[PDB]
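Bazedoxifene complexed to Estrogen receptor, as determined in this entry.
The order of the sequence lines fixes the chain letters, beginning with A. The PDB entry numbering applies to chain A: residues 307-330, 341-529, 532-550, in that order. Numbering of chain B is taken from the PDB entry, so the residues present carry the numbers 307-330, 341-459, 472-527, 530-545, in order. Recorded method for this deposit: X-ray crystallography, 1.8 Å. When a ligand or atom number is given, it counts from 1 through the structure's own listing order.
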Amino acid sequence: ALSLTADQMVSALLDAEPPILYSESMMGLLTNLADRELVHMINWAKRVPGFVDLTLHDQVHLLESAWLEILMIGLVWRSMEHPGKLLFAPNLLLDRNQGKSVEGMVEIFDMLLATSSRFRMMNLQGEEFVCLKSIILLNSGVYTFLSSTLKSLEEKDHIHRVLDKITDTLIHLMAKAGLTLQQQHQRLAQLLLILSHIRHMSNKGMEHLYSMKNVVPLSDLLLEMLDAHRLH
Amino acid sequence: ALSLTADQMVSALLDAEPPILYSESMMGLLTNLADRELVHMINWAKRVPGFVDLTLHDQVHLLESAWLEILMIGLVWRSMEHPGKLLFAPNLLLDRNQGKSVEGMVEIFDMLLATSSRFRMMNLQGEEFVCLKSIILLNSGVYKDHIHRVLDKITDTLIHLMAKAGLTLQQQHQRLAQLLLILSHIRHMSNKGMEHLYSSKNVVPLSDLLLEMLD
Ligand SMILES: Cc1c(-c2ccc(O)cc2)n(Cc2ccc(OCCN3CCCCCC3)cc2)c2ccc(O)cc12
Ligand SMILES: Cc1c(-c2ccc(O)cc2)n(Cc2ccc(OCCN3CCCCCC3)cc2)c2ccc(O)cc12
């Protein structure tokens, strides 16, 4: 993981991409969709270099922290070519007014759409997207490990080393595309700052999802998926 | 005023730094302190290169969106040397057990402590800190062009500072990334803090208060 090159990081990340799922009232469809995506999210996470090096506990923690962000950046990505609409699924393309049908949703909708617009304006590349998504996975929960064990310190150091490698990969992509050094740093910063907005959206989204909340605790579901046996 | 050098930007940012305020029931004192810090925050913002070029509408918007983040990073910054504690003020140094005293605070408390621990492990520098804080101001409401131009300028300035500390180009973009990802955590803390504080908000807009402070 730490010995991979930039080209090999990109390659692994592209390979790891989950499928685009299809929708099979509107909130039910959306909720079913998210539920199905989660499973594929875990498989993806397990294929992000370094992730399986972590403890199962930490793996759960990172996903528990990042799952909505991860859903969102994927949505924003899929939607980038559909101005004013969100492509939840290839057969579930929703607009703003469709969002009003659900109490509390348009505000999130409008935020998602603006982020999609912002990606469009930057001409975000696929190679860039997967690096960002991976960053989200490894970063979002890293400051909330409520533990100061030696093992935990080791985990966090590993996480930041992998994060460093992904940064190296982003710059590499940008240099390859002919960007000057100054333009590289600037673009790196612009993209990373978008993650702050995605976090923000995620917290607003969690509130919203809670206003409409019975359920198994997410942790145990994540472990079940994550904690697989080795029997194949 | 994109025309400043990196050195000049850093200088302007360091000089713009607000004072450390004092306290004279915990929540009353905290609220009173934050309320007083806000005015100084407004005057700090006015001295951030590029900020006054914005419309007042936009100045107000940035401030309304960024104020708690700004209070937090300052708090974390002055709490670095107080392991296990948060220095809200020189005379208001509180531990997590003191935070547990207010329903819903200890979670945010622990997060602020983790952030201070991260800053400590990163050996965050003053010059870095003032750029970060400037980035928070200009980035927290943007979701435009002049704002991005100034943001780009602050990115250049951070890089400049890291180059001048002797870091390889690889180390530079690695550290730049590390610092900007911390801002995700700060936004997160702000979101959670805002949830906490409202658990209820005024009818009168904060925008009006901010507008009046700029006078
Ligand atoms: C961003 C986004 C949303 C969404 C989320 C929050 C909102 O307030 C509005 C829309 N939705 C709708 C939605 C998202 C998440 C939902 O979570 C319900 C909770 N549970 C099921 C989801 C998996 C893990 C947590 C348990 C329910 C509905 C998406 C569906 C698929 C997708 O790829 C992206 C999204
Ligand atoms: C980080 C931080 C907090 C805080 C708030 C909530 C938490 O759960 C944890 C810490 N507090 C406590 C606190 C922060 C903000 C508060 O805002 C409520 C009133 N606001 C009036 C309208 C907006 C401008 C600021 C005041 C009330 C209390 C701080 C005080 C000073 C300071 O420099 C930093 C902080």
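The location of bazedoxifene, copies and all, is ligands 1 and 2. Every other chain with a heavy atom under 4.0 Å from bazedoxifene (ligand 1) is named here: A. Taking every heavy atom under 4.0 Å from bazedoxifene (ligand 1), one finds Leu346(A), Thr347(A), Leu349(A), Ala350(A), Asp351(A), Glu353(A), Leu354(A), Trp383(A), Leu387(A), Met388(A), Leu391(A), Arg394(A), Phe404(A), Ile424(A), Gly521(A), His524(A), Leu525(A). Among protein heavy atoms, atom 19 (C) of bazedoxifene (ligand 1) sits closest to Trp383(A) CH2, 4.4 Å. For atom 10 (C) of bazedoxifene (ligand 1), no protein heavy-atom neighbour is present inside the 4.0 Å cut-off. Taking every heavy atom of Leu391(A) and a limit of under 4.0 angstrom, the matching atoms of bazedoxifene (ligand 1) come to 1 (C). For bazedoxifene (ligand 1), the atoms lying closer than 4.0 Å to a non-hydrogen atom of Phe404(A) are 2 (C), 3 (C), 11 (N), 29 (C), 30 (C), 35 (C).
The closest protein non-hydrogen atom to atom 30 (C) of bazedoxifene (ligand 1) is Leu346(A) O, 3.6 Å. The overlap between the UniProt 17beta-estradiol-binding residues of chain A and the residues with a heavy atom under 4.0 Å from bazedoxifene (ligand 1) is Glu353(A), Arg394(A), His524(A). The protein heavy atom nearest to atom 8 (O) of bazedoxifene (ligand 1) is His524(A) ND1, 2.2 Å. Of all protein heavy atoms, the one closest to atom 5 (C) of bazedoxifene (ligand 1) is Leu384(A) CD1, 4.1 Å. For bazedoxifene (ligand 1), the atoms sitting less than 4.0 Å from at least one non-hydrogen atom of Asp351(A) are 20 (N), 21 (C), 22 (C), 23 (C), numbered in the order shown with element in parentheses. Mapped onto UniProt domains, the residues of chain A touching bazedoxifene (ligand 1) mostly lie in NR LBD.
Close approach of bazedoxifene (ligand 1) to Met388(A) is summarised as follows: ligand atoms under 4.0 Å from at least one heavy atom of the residue are 1 (C). The shortest N or O to N or O distance between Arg394(A) and bazedoxifene (ligand 1) is under 3.5 Å. Those atoms of bazedoxifene (ligand 1) with a heavy atom of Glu353(A) less than 4.0 angstrom away are 31 (C), 32 (C), 33 (O). Looking at atom 14 (C) of bazedoxifene (ligand 1), its nearest protein heavy atom turns out to be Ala350(A) CB, 3.9 Å.
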